[PDB]
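Model: Androgen receptor / ligand dihydrotestosterone.
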Amino acid sequence: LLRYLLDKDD
Amino acid sequence: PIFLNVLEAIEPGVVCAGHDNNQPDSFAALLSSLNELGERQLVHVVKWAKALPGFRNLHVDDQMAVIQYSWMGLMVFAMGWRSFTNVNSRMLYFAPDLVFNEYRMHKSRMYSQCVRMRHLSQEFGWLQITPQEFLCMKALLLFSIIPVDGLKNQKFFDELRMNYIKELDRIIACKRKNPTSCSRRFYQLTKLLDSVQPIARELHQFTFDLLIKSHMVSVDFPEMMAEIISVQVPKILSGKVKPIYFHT
Ligand SMILES: C[C@]12CCC(=O)C[C@@H]1CC[C@@H]1[C@@H]2CC[C@]2(C)[C@@H](O)CC[C@@H]12
Ligand SMILES: O=C(O)Cc1cc(I)c(Oc2ccc(O)c(I)c2)c(I)c1
């Protein structure tokens, strides 16, 4: 889940 | 002047591999740890990459692509740098809790590869590379490997790469005086950058084979690690994805 890391939020 | 401030501010911090330094050095133990460190180091590269100026204005597809193709070269380059400022290139400083010595290099069944990475470390010393020169070069490594047919938006990629290549030129030029040492220096740095590709390719093949027969060798591969090595890496070893060398 690299995309998951690509678009996290903070 | 502002560019260099960014790379320095977004520069990732120390990362532990979580290796049990109390267990007899073995192939499974060492490699399994390296794969874990790779997973942990990967999460930081993603954050680091996003913070990179211009990276955000890149097609989301290319963002995940370039990262999945250069993650290897980036990690090695950084490792060598750490090995140079931590143990004076004596050993390979993969992580604070994962320092590779002559013995571990052999036990990892990749002594020849470790030997090449060590040379890279020593290179940092011989060429007296500065933290500023390093920071930029590493950033340029992110845009140093793409598919043959091209990216979803090759247009913007070439533009960005061009800017980083210019940033490297600035860091150098903005310190020298004569138009002689400036070129020779740019020549040396560009040469040092290309020397990373060959090393990365050998590691790409090794990790590849390891994944294939990881069930019998007792080597664990994290989620992202196993997915990128089984989908992205193959494209590299097959010819689909080829590095971008400065010199022929
Ligand atoms: C990228 C890592 C881990 C992060 C680093 O500091 C550089 C180093 C280079 C060798 C890699 C290792 C991750 C795990 C790999 C890919 C092993 O499977 C074989 C080569 C190892
Ligand atoms: O002038 C300087 O040194 C600072 C500088 C650094 C960079 I890297 C740069 O490149 C782009 C290109 C597209 C884009 O969306 C973004 I955000 C940045 C530019 I323009 C200027």
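Alphabetical chain letters, starting from A, follow the order of the sequence lines given. Chain A is numbered as in the PDB entry; shown residues: 922-931, in order. Using the numbering of the PDB entry, the residues shown for chain B are 671-918, in order. In listed order, ligands and their atoms are each counted from 1.
All instances of dihydrotestosterone together account for ligand 1.
Other chains within a heavy-atom distance below 4.0 Å of dihydrotestosterone (ligand 1) are, by letter, B. Most residues of chain B touching dihydrotestosterone (ligand 1) map to the UniProt domain NR LBD. Of the protein's heavy atoms, at least one falls inside 4.0 Å of atom 13 (C) of dihydrotestosterone (ligand 1). Counting protein heavy atoms only, atom 15 (C) of dihydrotestosterone (ligand 1) is closest to B/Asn705 OD1, 3.7 Å. If you check which protein heavy atom lies closest to atom 3 (C) of dihydrotestosterone (ligand 1), you get B/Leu704 O, 4.0 Å.
Per the entry, the organism of origin for chain B is Mus musculus.
The structure places no covalent bond from dihydrotestosterone (ligand 1) onto a chain. Looking at atom 20 (C) of dihydrotestosterone (ligand 1), its nearest protein heavy atom turns out to be B/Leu873 CD2, 4.1 Å. In the candidate list B/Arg752, B/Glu709, B/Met787, B/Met745, B/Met745 is nearest to atom 7 (C) of dihydrotestosterone (ligand 1), counting heavy atoms. The atoms of dihydrotestosterone (ligand 1) that sit less than 4.0 Å from any heavy atom of B/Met742 are 16 (C). Residue contacts with dihydrotestosterone (ligand 1): B/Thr877 is placed with a nitrogen or oxygen under 3.5 Å of a nitrogen or oxygen of the ligand (distance criterion only).
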